[PDB]
Peer 1: 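Below: experimental structure, L-thyroxine bound to Transthyretin.
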Amino acid sequence: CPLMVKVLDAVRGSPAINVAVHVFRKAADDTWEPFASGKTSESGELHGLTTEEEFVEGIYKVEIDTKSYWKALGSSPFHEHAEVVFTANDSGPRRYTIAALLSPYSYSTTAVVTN
Amino acid sequence: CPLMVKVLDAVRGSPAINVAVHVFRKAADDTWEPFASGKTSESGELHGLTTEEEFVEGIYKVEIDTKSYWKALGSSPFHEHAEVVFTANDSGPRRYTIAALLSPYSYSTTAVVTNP
Amino acid sequence: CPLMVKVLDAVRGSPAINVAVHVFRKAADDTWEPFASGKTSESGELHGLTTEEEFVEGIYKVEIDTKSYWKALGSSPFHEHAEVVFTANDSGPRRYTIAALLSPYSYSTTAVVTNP
Amino acid sequence: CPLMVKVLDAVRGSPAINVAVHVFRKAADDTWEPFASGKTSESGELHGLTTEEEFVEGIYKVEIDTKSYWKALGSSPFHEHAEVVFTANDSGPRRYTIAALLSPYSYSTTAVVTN
Ligand SMILES: N[C@H](Cc1cc(I)c(Oc2cc(I)c(O)c(I)c2)c(I)c1)C(=O)O
Ligand SMILES: Oc1ccc(/C=C/c2cc(O)cc(O)c2)cc1
């Protein structure tokens, strides 16, 4: 599990459950190729997106469908989605956690990169 | 104006207006002595808390009354307040902006510290 | 000035100066068309990106070039940029401030949306 | 485990390891009584602070010694510590996670409250 996504809800103080997450890899021609996707669990986590063999160095985009999340809760949001764009580097540690903390007009995101 | 406080609401995407703020300074006996207080304006800003003369070196606590803010809007929040505790003016006078971004179960705070 | 961008540095406690910002607007064919660009000033603010006339309804992407910022300061950061994607002016003209707070492996962004 | 503390480092993109954390309970006379304390683990977590029987309703303060953390890494910080002050309410869900994301001149904190 080299890539994990964790999503929290700052309005309810809870994991953000059943949020759609799409990961893309940047192709040679600067387009975004679908790579992996899923929905966050009851604990706000999405595991099993990729494998060590598939997750090569490159630029990746993690798109979190925040707009749909907020609308399903009956709350009016600002963003279309949250985007996290980063380079995977084999020099760095091997496990990437992308965390995001959501509010209707704001979000925070951090990377936890460990061995 | 060497100490300013700015507060935003992350639910509304607006300034957080009418937020009460209490500033304390640690006394010689290591208790928290009341130093200044005020409330944020329509722009979410609180100016005029103190003066260059009065804002001496010390350890200061800026308490932002987030629970009262949210309750006044009919919301039950998690935190009692947001506390920002820092040493000021240890290398000479500086200007401090304490910014805070509020959600019902979360907040962020940052400091912008300028000149010398 | 209907679109403004403000960027802070959470490591230094200062405005993030000379941050490049590129704004795109989604075209009829659903590609991202370049709309405006600029860089933050000494105050960490970017004004004058667009005009009320030009800033029509649409889906906009504000790309803040955080990697170039950090690399220019001799730091290797995590993200390529911070992207802020939103629908604008769907209920008539509004003024948008996009704020971002930067750390080498993290950022926060919020929107302040005002009048009608 | 009704109370857990998790601390992350936004400069290095890592858990915040060996951070001192002190929890206090507000007494009848408005003073802060020591309640529990510890140091975060290699995963930036502090488990086992209290038990269900001990963690009664009331106002609690979680003090995270951010200044010492940053100084041990050779980095100059702004805050003396980070403080998180909240009421424990038996009406709400039963497990509290206090999370904090640290930078030298900023921090974020959120509560994840679940059953
Ligand atoms: N100093 C002003 C501009 C300015 C606007 C805002 I609005 C602000 O407030 C926040 C609050 C949070 I919370 C953030 O995450 C961020 I980014 C900015 C700050 I500080 C400065 C000038 O004179 O130009
Ligand atoms: O298991 C976990 C529990 C909580 C967290 C919190 C992450 C987090 C991310 C942010 O961008 C801001 C913040 O205040 C917190 C991460 C992992």
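Note: chain IDs run A, B, ... matching the order in which the sequence lines appear. Just so it is clear, chain A uses the PDB entry numbers, and the residues here are 10-124, in order. By the numbers in the PDB entry, the shown part of chain B spans 10-125. Going by the PDB entry, the residues shown for chain C are 10-125, listed in order. Chain D uses the PDB entry numbers throughout; the residues present, in order, are 10-124. Indexing begins at 1, ligand by ligand and atom by atom, following the structure's order. Values reported hereafter were calculated over all heavy atoms of this structure, with side chains retained and with hydrogens, waters and symmetry mates removed. Structure method, as recorded: X-ray crystallography, 1.5 Å.
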Peer 1: What ligand numbers or chain letters correspond to L-thyroxine?
Peer 2: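 At ligand 1.
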Peer 1: Please list, by chain letter, the other chains with any heavy atom under 4.0 Å from L-thyroxine.
Peer 2: B, C
Peer 1: Specify side chain, backbone, both or neither for B:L17, according to which of its non-hydrogen atoms lie closer than 4.0 Å to L-thyroxine.
Peer 2: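 The side chain, only.
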Peer 1: Using a heavy-atom cut-off of 4.0 Å, name the UniProt L-thyroxine-binding residues of chain C that are that close to L-thyroxine.
Peer 2: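 A heavy atom under 4.0 Å occurs in these UniProt residues: C:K15, C:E54.
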Peer 1: Can you pull up the source organism of chain C from the entry for me?
Peer 2: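 In the entry, the organism is Homo sapiens.
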Peer 1: From the options C:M13, C:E54, B:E54, select the one whose nearest heavy atom is closest to atom 22 (C) of L-thyroxine.
Peer 2: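 The option holding the nearest heavy atom is C:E54.
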Peer 1: How close does the nearest protein non-hydrogen atom get to atom 7 (I) of L-thyroxine, and which residue and atom is it?
Peer 2: B:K15 CE, 3.5 Å
Peer 1: Run the contact test for C:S117 against L-thyroxine with a 4.0 Å cut-off on heavy atoms, strictly below, and give the result.
Peer 2: no
Peer 1: Among all protein heavy atoms in this structure, tell me which lies nearest to atom 11 (C) of L-thyroxine, with the distance rounded to 0.1 Å.
Peer 2: B:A108 CB, 3.6 Å
Peer 1: Which residues form the binding site of L-thyroxine (heavy atoms under 4.0 Å)?
Peer 2: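 Non-hydrogen contacts come from B:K15, B:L17, B:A108, B:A109, B:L110, B:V121, C:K15, C:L17, C:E54, C:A108, C:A109, C:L110.
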